[PDB]
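The structure appears right after this line, and notes come after that.
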Amino acid sequence: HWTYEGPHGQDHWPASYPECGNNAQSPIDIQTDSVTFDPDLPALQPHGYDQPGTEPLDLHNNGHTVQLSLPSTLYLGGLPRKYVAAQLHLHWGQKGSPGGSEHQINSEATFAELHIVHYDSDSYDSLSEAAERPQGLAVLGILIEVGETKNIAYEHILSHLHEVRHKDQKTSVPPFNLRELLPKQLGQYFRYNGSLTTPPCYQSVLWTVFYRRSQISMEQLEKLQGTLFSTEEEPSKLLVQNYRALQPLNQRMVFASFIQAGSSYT
Ligand SMILES: *[C@@H]1O[C@H](CO)[C@@H](O[C@@H]2O[C@H](CO)[C@@H](O[C@@H]3O[C@H](CO[C@H]4O[C@H](CO)[C@@H](O)[C@H](O)[C@@H]4O)[C@@H](O)[C@H](O[C@H]4O[C@H](CO)[C@@H](O)[C@H](O)[C@@H]4O)[C@@H]3O)[C@H](O)[C@H]2NC(C)=O)[C@H](O)[C@H]1NC(C)=O
Ligand SMILES: CC(=O)Nc1nnc(S(N)(=O)=O)s1
Ligand SMILES: [Zn+2]
């Protein structure tokens, strides 16, 4: 039903999904000269990331992104509640165009963004249930840029895109070290209250966006940008530009878990 572009595109989401028009939405542009340092923000502590179970993980092209199911044995230990892993997925732009990430830092987008989705199992029994509640979800956002060499960790995912080119196709991915999908310096991140960046746009996410970026090769990017289709069959249409436009900060506070010399905040 909903899409990024067209009649049912993002500019029209509010006409079908009211919350998409609300005022504490995601993604946002994080301007470091406006964040507030919070010395009490804990280390994230991803648990079980190195070994996401022993069974093959499902990889699904759902027409809007490619999504990897994750076992609830993985969870984050440094949050207000116990948030267990449910899935991760990606947002990107398109070959020959700039951008592709959802969040921006100091008004600069990167080529793609990885979202690892967790939900509060202390309070709820499923991802879908938690997705509609206040701080029901905790999503980790990793901005992805292009580096000089192939990133093996991301390759564990990218090497399977050709198996799920059509919307709704699925394939299997052997467990791999998920920690390697994360950038360096896990201790430097931003934290704010936001929402799902796709319809229904529920304001249920406690967001964590890392300060440092992960890097994939130029070739891995082109592969991410032009393999999957948004269609179930012919004619085929490439799944591209699946990132939502920036949403107004609307006076929310963005907190930083770190501070350094020359930080634009004190
Ligand atoms: C995302 O949005 C949520 C919802 O708005 C925010 O949650 C609120 O966070 C504030 C923290 O600033 C909470 O208010 C403070 O509560 C302190 C007591 O905390 C305990 O008790 C509360 C209430 O039962 C619990 O929610 C909490 O978990 C603790 O168990 C008070 O000590 C604070 O008062 C002091 O500071 C104020 C300044 O605002 C002074 O005026 C007071 O005199 C005093 O010095 C304050 O009341 C609030 O309870 C939270 N609401 C909910 C529903 O959780 C998140 O902070 C926000 N996250 C981000 C990253 O933006
Ligand atoms: C059930 C569930 O997780 N739905 C989501 N919708 N958008 C998400 S995102 N892009 O904000 O991570 S997660
Ligand atoms: Zn996402």
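This chain uses plain numbering: 1 for the first residue, then up along the sequence. One-based numbering, in listed order, for ligands and for the atoms of each. Only this structure's heavy atoms are used, side chains among them; waters, hydrogens and symmetry mates stay out.
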Checklist entry - Which compound, drug or drug candidate, is present at ligand 2? => result acetazolamide
Next on the checklist: So, counting contacts under 4.5 Å, which chain has the most with acetazolamide (ligand 2)? Name it the way UniProt does.
Outcome noted: Carbonic anhydrase 14
Checklist entry - Which residues count as the binding site of acetazolamide (ligand 2) under a heavy-atom cut-off of 4.0 Å? => result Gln87, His89, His91, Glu102, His115, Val117, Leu127, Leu196, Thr197, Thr198, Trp207
Checklist entry - Per the deposit, which organism is listed for chain A? => result Homo sapiens
Checklist entry - Is acetazolamide (ligand 2) close to any UniProt-listed Zn(2+)-binding residue of chain A, that is, with a heavy atom under 4.0 Å, and which ones? => result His89, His91, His115
Next on the checklist: Looking at acetazolamide (ligand 2), are there other ligands or ions closer than 4.0 Å?
Outcome noted: ligand 3 (zinc ion)
Next on the checklist: So if I count the atoms of acetazolamide (ligand 2) from 1 in the order they appear, which ones are less than 4.0 Å from some heavy atom of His115?
Outcome noted: 9 (S), 10 (N), 12 (O)
Item to check | Distance from atom 2 (C) of acetazolamide (ligand 2) to nearest protein heavy atom, with residue and atom | outcome: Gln87 NE2, 4.1 Å
Checklist entry - Closest non-hydrogen protein atom to atom 11 (O) of acetazolamide (ligand 2), residue and atom name please, with distance? => result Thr197 N, 3.0 Å
Next on the checklist: Under a 4.0 angstrom heavy-atom cut-off, which atoms of acetazolamide (ligand 2) come close to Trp207?
Outcome noted: 11 (O)
Checklist entry - What protein heavy atom sits nearest atom 13 (S) of acetazolamide (ligand 2), and how far off is it? => result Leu196 CD2, 3.9 Å
Item to check | Shared residues: UniProt substrate-binding in chain A, heavy atom under 4.0 Å from acetazolamide (ligand 2) | outcome: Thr197, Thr198
Checklist entry - Most of the residues of chain A in contact with acetazolamide (ligand 2) belong to what UniProt domain? => result Alpha-carbonic anhydrase
Next on the checklist: Help me out - nearest UniProt active-site residue of chain A to acetazolamide (ligand 2), and the heavy-atom distance to 1 Å?
Outcome noted: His64, 9 Å
Checklist entry - Counting both backbone and side chain atoms, is some N or O of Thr198 under 3.5 Å from an N or O of acetazolamide (ligand 2)? => result yes
Next on the checklist: Using a 4.0 Å cutoff against the non-hydrogen atoms of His89, which atoms of acetazolamide (ligand 2) qualify?
Outcome noted: 9 (S), 10 (N), 12 (O)
Next on the checklist: With heavy-atom distances below 4.0 Å as the criterion, list the atoms of acetazolamide (ligand 2) near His91.
Outcome noted: 10 (N)
